[PDB]
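Every chain is numbered from 1, with letters handed out A, B, ... down the list of sequences. Below, all heavy atoms of this structure are taken into account, side chains as well, without hydrogens, waters or symmetry copies. As the structure lists them, so they are numbered: ligands from 1, and atoms in each ligand from 1.
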Amino acid sequence: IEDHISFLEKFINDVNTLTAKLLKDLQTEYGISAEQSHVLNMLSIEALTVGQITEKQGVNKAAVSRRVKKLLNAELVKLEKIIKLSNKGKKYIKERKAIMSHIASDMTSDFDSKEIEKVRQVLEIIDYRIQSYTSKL
Amino acid sequence: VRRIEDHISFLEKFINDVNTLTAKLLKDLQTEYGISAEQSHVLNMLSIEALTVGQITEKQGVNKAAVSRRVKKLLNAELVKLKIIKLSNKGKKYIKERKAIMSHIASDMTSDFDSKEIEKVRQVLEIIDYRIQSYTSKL
Ligand SMILES: O=C(O)c1ccccc1O
Ligand SMILES: O=C(O)c1ccccc1O
Ligand SMILES: O=C(O)c1ccccc1O
Ligand SMILES: O=C(O)c1ccccc1O
Ligand SMILES: O=C(O)c1ccccc1O
Ligand SMILES: O=C(O)c1ccccc1O
Ligand SMILES: O=C(O)c1ccccc1O
Ligand SMILES: O=C(O)c1ccccc1O
Ligand SMILES: C[As](C)(=O)[O-]
């Protein structure tokens, strides 16, 4: 019970740690931090307002506005307030994906996609539930 | 041809949501112990196995200025007993409470799944974690 949660946390830190490493060059080449990168990542799924990003990240709305403002000054993001990636933000995400995809696909090339979709399903239901507790108090 | 990007995205959205929920569930407790979430993360590490500033900076990742300064503020708050580094009564107490809360919720969100379903999820995550390590050690 406790070891599962403990495992998930080591798993989360290891994923984040490898990602930070795999993406550091790219981020510096663009002059952005990991948090701005992470917002760029959220926006590649779809355009969002500062409010939705706040909800997703869980932080203070102004810490998000701060990242977004830096992103606009860097022109990696454009307005209408609906935020969406700009052409520069799009190039960034394509390189981020190219990188992340390369490693992931090599790392999972032997996975049985029939077995895996059952795992994805359990994780989608868990994510659903996570977002709901979050939704409330 | 390349839907892997969608799986990675999901995994990232999932990790993101777990962090968001964890921070919210643990904010009041971290406050009662007069510590922040970043300090909480670090204490979560030492409950695993006692360590030093070398190991910590690596696993942590990019930390080259105020990561050693967060170690300091732990001693002052009496959460790290020392070479080695262990949790103090205060430090172990916090982590115990932290585990309680996390487990209660991890149990509720999971009790209806079948053990077979969960064990297979654990197996996939474990091997991804094994390969991440068997990776984040080469270069
Ligand atoms: O059982 C687990 O360790 C586990 C870990 C992460 C996500 C779902 C899970 O069942
Ligand atoms: O870094 C770890 O080994 C770790 C382990 C469990 C929970 C959080 C963590 O950062
Ligand atoms: O840029 C990201 O989306 C990111 C995610 C996890 C860890 C480090 C990072 O830069
Ligand atoms: O840590 C934050 O305040 C933050 C804010 C926006 C996006 C990613 C983040 O980590
Ligand atoms: O069936 C798979 O592809 C699989 C992959 C990793 C771990 C356990 C598994 O069954
Ligand atoms: O997308 C998946 O099927 C998946 C499965 C296990 C772990 C992370 C994942 O994204
Ligand atoms: O939508 C999110 O909250 C999200 C978070 C992390 C990575 C990709 C994402 O779409
Ligand atoms: O406080 C923690 O140990 C923690 C861990 C993961 C995500 C957010 C957090 O606050
Ligand atoms: C941590 As930043 C450079 O996105 O304000």
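The main binding partner of ligand 8 here is, in the terms of the PDB entry, Transcriptional regulator TcaR. The molecule at ligand 8 is the drug named salicylic acid. Lab note: other chains with heavy atoms under 4.0 Å from salicylic acid (ligand 8) -> B. Residues contacting salicylic acid (ligand 8) within 4.0 Å (heavy-atom distance) are B/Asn19, B/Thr22, B/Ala23, B/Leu26, B/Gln30, B/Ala37, B/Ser40, B/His41, B/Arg98. Taking distance alone, with nitrogen or oxygen atoms compared against 3.5 Å, A/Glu9 stays at or beyond that limit from salicylic acid (ligand 8). Note: no N/O pair closer than 3.5 Å links B/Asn19 and salicylic acid (ligand 8) by distance alone. Remark: minimum distance from atom 10 (O) of salicylic acid (ligand 8) to any protein heavy atom is reached at B/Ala37 CB, 3.5 Å. B/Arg98 NH2, 3.2 Å is the protein heavy atom nearest to atom 2 (C) of salicylic acid (ligand 8).
The protein atom (non-hydrogen) at minimum distance from atom 4 (C) of salicylic acid (ligand 8) is B/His41 NE2, 3.5 Å. At least one N or O atom of B/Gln30, backbone or side chain, sits closer than 3.5 Å to an N or O atom of salicylic acid (ligand 8).
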